[PDB]
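Lettering: A, B, C, ... assigned in the same order as the sequence lines. Residue numbering in chain A adheres to the PDB entry, whereby the residues present occupy positions 198-209, 213-225, 235-566 in order. For chain B, we keep the numbers from the PDB entry: what you see runs 198-209, 213-225, 235-566, in order. Quick note: numbers on chain C are straight from the PDB entry, i.e. 198-209, 213-225, 235-566, in order. Using the numbering of the PDB entry, the residues shown for chain D are 198-209, 213-225, 235-566, in order. Per deposition record, X-ray crystallography, 2.1 Å. Each ligand, and each atom within it, is numbered from 1 in the order the structure gives.
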4 protein chains.
Amino acid sequence: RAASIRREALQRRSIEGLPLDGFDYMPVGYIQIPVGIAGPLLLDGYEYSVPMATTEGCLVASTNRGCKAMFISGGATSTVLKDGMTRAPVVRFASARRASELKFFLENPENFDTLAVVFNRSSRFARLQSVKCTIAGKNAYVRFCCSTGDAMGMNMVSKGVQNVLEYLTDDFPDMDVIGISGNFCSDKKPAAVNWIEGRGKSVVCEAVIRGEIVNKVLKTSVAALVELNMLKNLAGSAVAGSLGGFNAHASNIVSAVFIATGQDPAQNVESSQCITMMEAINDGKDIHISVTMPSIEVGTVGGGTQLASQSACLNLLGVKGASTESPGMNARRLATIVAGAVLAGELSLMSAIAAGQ
Amino acid sequence: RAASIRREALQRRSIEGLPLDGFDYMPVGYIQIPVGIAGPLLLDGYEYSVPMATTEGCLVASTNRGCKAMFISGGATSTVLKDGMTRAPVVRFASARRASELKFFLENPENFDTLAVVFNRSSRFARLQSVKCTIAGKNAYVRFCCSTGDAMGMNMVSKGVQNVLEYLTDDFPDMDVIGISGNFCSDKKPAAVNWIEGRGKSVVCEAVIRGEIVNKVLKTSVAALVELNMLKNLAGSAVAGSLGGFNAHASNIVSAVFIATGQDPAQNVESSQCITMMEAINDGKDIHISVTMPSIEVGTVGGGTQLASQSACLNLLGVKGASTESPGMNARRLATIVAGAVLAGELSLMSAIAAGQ
Amino acid sequence: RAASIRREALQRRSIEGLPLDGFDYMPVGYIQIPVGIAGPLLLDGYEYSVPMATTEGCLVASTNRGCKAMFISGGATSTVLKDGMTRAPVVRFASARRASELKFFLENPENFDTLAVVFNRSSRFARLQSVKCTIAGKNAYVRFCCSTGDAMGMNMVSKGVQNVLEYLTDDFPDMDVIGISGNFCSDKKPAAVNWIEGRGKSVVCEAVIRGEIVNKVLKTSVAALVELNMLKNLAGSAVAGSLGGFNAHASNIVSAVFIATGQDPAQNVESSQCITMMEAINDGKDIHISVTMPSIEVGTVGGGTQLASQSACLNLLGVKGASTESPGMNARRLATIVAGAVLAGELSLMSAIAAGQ
Amino acid sequence: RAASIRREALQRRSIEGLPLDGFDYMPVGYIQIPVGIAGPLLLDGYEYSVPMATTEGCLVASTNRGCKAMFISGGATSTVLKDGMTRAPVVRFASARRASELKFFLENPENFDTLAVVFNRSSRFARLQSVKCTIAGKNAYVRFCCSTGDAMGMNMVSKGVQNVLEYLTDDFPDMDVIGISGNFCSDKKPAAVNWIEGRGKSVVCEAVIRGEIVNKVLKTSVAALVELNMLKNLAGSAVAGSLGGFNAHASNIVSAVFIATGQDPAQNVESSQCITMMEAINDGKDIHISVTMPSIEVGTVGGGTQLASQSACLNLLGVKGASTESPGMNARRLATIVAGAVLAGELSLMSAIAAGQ
Ligand SMILES: O=C(O)C[C@H](O)C[C@H](O)/C=C/c1c(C2CC2)nc2ccccc2c1-c1ccc(F)cc1
Ligand SMILES: O=C(O)C[C@H](O)C[C@H](O)/C=C/c1c(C2CC2)nc2ccccc2c1-c1ccc(F)cc1
Ligand SMILES: O=C(O)C[C@H](O)C[C@H](O)/C=C/c1c(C2CC2)nc2ccccc2c1-c1ccc(F)cc1
Ligand SMILES: O=C(O)C[C@H](O)C[C@H](O)/C=C/c1c(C2CC2)nc2ccccc2c1-c1ccc(F)cc1
């Protein structure tokens, strides 16, 4: 209604193509990104039609060729290694010695259940896992890690940090809270702390392609792919001084799935973090392929996940909304689907390159 | 038509919310992301209504508060430092000594005009700027850099690499082209080569906020902001082992503008690269604020830029399509608008945090 | 005797300057590095004459000027944040799922006392602190961390890894031990895992210089130094894409002390890791200066620590040999002396630069 | 004489072992490090007895086993890729736009011969190669690169920076020189700018070991070594978030040679930067092994190179003093000897690990 009057305000230059009617509502319209399907992606038993919101189009095709090569090869096996969202306030004291005392306090086992109880009023779903106090001079970067059910859970983890931050004025009234975020989290930035430590769902996803299928179907060899993986994704990314960028195009696939399933597209910068491994097995006859992804940040609940169209795309994958089984399970399964689509993407583009030789 | 029949194929589980009718066309539908406006953004003289495709909504508001604080403070001044898209094939020889000879050849000035002529049949718009051969053992990572007009120009730079790669079999028939990309570019990955060297448009954007406006309007002080910038964006990102992540949330703003203007959302991982500087000036009375962004990768031509809705959003900014003035100027101006919206974003969220103390 | 005959073998070109007589003994001689003294370094109460083995000479002077400025300013306060040496074997399995099972096993609390008992036959002094299994495809990088008394303790931690690696063939006979080191430790290399996680003694060291002393003695101001620290050591090292290099010259001081006290000079690459913080305190009247150093790797026992000359230099500092008080205390105190000399070094050179303006 | 009286001052606690007599002279004594020989190292035709100053002793043995395996395998071939020492002042202006104008000025070709003439009064040997102005907000980090003959040449490059910095007050009187170093050089710190760009001598060194020698002599296989190189030195260093640390122990060998030849042992942090490549050649029959080292910083002239003992060690290698042939050639040849000894070190320890399986 108003958003309709606000559009004519702006043209009084033309924003004519931008549709207004079609979406249920400071909005001035909406853009449209077409959705392609990659599948079947055979993953931990189940088949998935992977929705990919993208303009490219040759990317849906490329991810498709990868899902097929894995479909006839046994499919993919994902393993969730760690599941927990993080927020890291920077606080400070008058001294590093004093700041150290907050560290040793927070990192004492015997204090945990108290810090936990305080943190977990943040919601029904907040369950604090750990606290890592990093000291730099008289400043402390306190990394809180917690499970958050099927929500990506950034407000939740913040309600909880503030709970423990208020509770801490009892013992530490000299503490100055400089920021609710000190970039030690690290949110929507590439950071070693996320690579080393994990942020959100840390996933590994693997498949074995048989020599016969690498020749007949990918029109390359086991040895050519193992070598191209070492020279491009490992030695190449190393020579370029990459952080977490030891892969061919995880970012294309992660972005496309994120935008279709209504994730935060800015969290794609650390969610795209990936090492691609390609290892000759069975006296060089077959290839073991994996993606290891320490910081896939997704939810099936909240944000853009509950818009009509994005909701339809989660529902296709059967992860729409909170888990009935147990809270967190739909968000965990979404992460493995991303790791699986990434693995297919790596295999397709890595074969295309190696085959082109 | 077919895409309509393909949707029912998939439900034979429900993808009901996903709209089908509304977009002109393997598409199975399209998703809808609402567009907010941040402005006026006063930048290098002109005012802009900045389209931001996002679900958050508090992000459009936050970027708005920043554009206003800069509107009453003189507005922002952008400077384009470097403009050129890169592709880096990995080739190899039997020896490092032999690979060195390709390096010293390519990097000889007197060879450039020949390599240029060969490269520039890629299109009317391809103009090769440089070639940087990095040797690792007997492998060479040859970074080609070229201007590409108003197209982001990744196909163009590839047509050109292949031109020079074929031409090189004259002098180097022993060369094996292992990959058209060796991850030394580095495309859709965070890499030191992009931070150090630049990729696409390298922009700096700056404003001065007066003490009076920092107190009256941002409800903080000059000293509080300079300090929070050092502890969060500099010392914080350092303690976290960040690469290019010396900022608060460039990624939120870059993503939102990228998705609205039909850019490649996976290029957000290196386009979000940013150092935020906040420096007390005029005997501590005022604050100089900047973003330095070495790798903003955008075009106003091709890909998703020519869909109805994304086109309407570029046209709002007056950068839609190729430059009349001269090829490249619309893509350059789009980059500065991104740097300007990022600066507003940094100022808003950095003030909100500092003010909260 | 033989080493004397072996020298003439080599000249049959002249190695005449290289002394032979003077050292008690495949040695062919010995080189001589002159030792300077920086002090008094007033640190956690005590005064130290800091031995610095260096050719420069202007470096001993520069470190001296820093120790004096801190002597009249109250001296330095060190805090040991973490103390533990690490070794990280790479092992592998046929699958990532299988490799995950070693991770979840090792990282189960209830298994720790068993892994501990097995590990701690390595010596009287080996006390295992933790095990962090990082999975990459079907490979596992198992980071063992342990206290090792006053020895730097790299053989000790290795005897212990092999203990747990043999013990693991019970439950994991399918495990292949690919290497006793998989570069995830990371020994004598700069690595994010050491910055984020710590390796050996993690130290913070701090002093307050009064406005009066910054003007009268360092011939600069509080504001000039805070600013130069932000532009050089923080924004500068960031623009350069530094890892752990957020300081002016920790490496000069660490090297000089390491070579004099008979440490391993190749461990200087991660022992020099340092963030220098300089913060205005007391309404801008005074400056809080610190070094935070996550990976100082030293011992007072074994290796070159027990040569005549290197031993004399440890004995000057009163840390020579194993701790009577309790095992580890001399190696811990040596680390704080290094952090203190580094802080003096930073203050001296950072003042010299700022004063030169 | 005085240094003799200064020793008794300090004991009035015992520094008895530290020798006083034996060295020609604020010195209070000297320490002694024993020198071992690794060789013959067969490199670019010539044989070398490589002096290694180290306490370990098992390290000289390990480097010896590598030199022998290469002696019977054809020896090593080094290639110098780039030769130039760098200093990077941070200067600033009132604006980024203004700072940009210094960048575009300095980086204009037509200005170079003038900047060169000004720079090159620094000495007979200073020959300026390039200037790279990096802008961050209103600050500029100007990387000067120059040849410096056989001196490591850090004073020389500084005399030259100051020459151009004074000359710049003509055109840029508004410039503030904040520091003669802004950590963008980056001296005695690990930095992406050194990895990407090079600092001092950038060397590649390669050898081919035949299947027969890998079995008979190194007691492993071609395939085992290629694999261990990928899992340890590449995937391992990547998982650890390494910068320039894509090798097993370059730092051990670089340190040992640096200390014996009187180099600056603090420059070992960036001189140890290394990617180790191991590639199966000749239908998997043989192994191509290399080290690529972008920042070996050495001189044969000045500093500790002209002490009796360190001089004797350079003279063994035939690189002592300035080049007769042409200035720089002895310092260049020393770098290749370091790269060669590193390659031998990698081969020995990498074989020992792989063979242990
Ligand atoms: O390679 C990288 O470092 C990442 C890459 O840039 C991301 C980009 O979206 C992918 C581009 C791409 C694709 C896209 C379908 C995803 N398909 C191909 C099929 C056959 C042969 C090459 C390609 C290339 C392709 C074409 C030219 C290249 F130089 C590289 C890849
Ligand atoms: O801070 C960072 O490292 C990046 C951040 O995570 C990205 C995130 O999209 C921003 C979250 C955010 C916002 C969003 C409008 C963009 N607005 C605020 C307004 C007042 C106070 C805090 C915030 C926070 C906010 C709330 C809680 C926090 F912990 C941090 C920021
Ligand atoms: O600055 C850095 O990034 C690290 C530096 O390179 C390490 C080097 O050993 C130090 C060089 C140095 C020294 C040495 C005594 C340690 N003293 C000075 C005193 C007054 C003014 C400058 C200096 C400089 C000095 C001279 C010229 C410079 F460009 C920088 C520092
Ligand atoms: O591996 C790394 O990441 C680097 C390493 O730490 C540096 C260290 O100076 C080397 C230690 C070393 C050596 C030294 C002679 C240099 N020799 C061996 C011979 C046979 C088998 C193992 C080793 C190990 C050795 C022993 C135990 C290990 F865990 C690793 C290497």
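The drug located at ligand 3 is named pitavastatin. Contacts with pitavastatin (ligand 3) are greatest for the chain named in the PDB entry as 3-hydroxy-3-methylglutaryl-coenzyme A reductase 1. Within the structure, the other chains placing a heavy atom under 4.0 Å from pitavastatin (ligand 3) are, by letter, C, D. Counting heavy atoms within 4.0 Å, the binding site of pitavastatin (ligand 3) comprises C/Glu265, C/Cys267, C/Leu268, C/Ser271, C/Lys441, C/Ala457, C/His458, C/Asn461, C/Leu558, C/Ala561, D/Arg296, D/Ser367, D/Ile389, D/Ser390, D/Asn392, D/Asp396, D/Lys397, D/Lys398. Every atom of pitavastatin (ligand 3) is numbered from 1 in the order shown, and the set under 4.0 Å from a heavy atom of C/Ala457 is 2 (C), 3 (O), 4 (C). Close approach of pitavastatin (ligand 3) to C/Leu268 is summarised as follows: ligand atoms under 4.0 Å from at least one heavy atom of the residue are 15 (C), 16 (C). Within pitavastatin (ligand 3), counting atoms from 1 as listed, the ones closer than 4.0 Å to a heavy atom of C/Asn461 are 7 (C), 8 (C), 9 (O). Remark: pitavastatin (ligand 3) and C/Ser271 share no N or O pair separated by less than 3.5 Å (distance only, no angle test). Of all atoms in pitavastatin (ligand 3), listed by their number and element, those nearer than 4.0 Å to a heavy atom of D/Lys397 are 9 (O). Of all atoms in pitavastatin (ligand 3), listed by their number and element, those nearer than 4.0 Å to a heavy atom of C/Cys267 are 15 (C).
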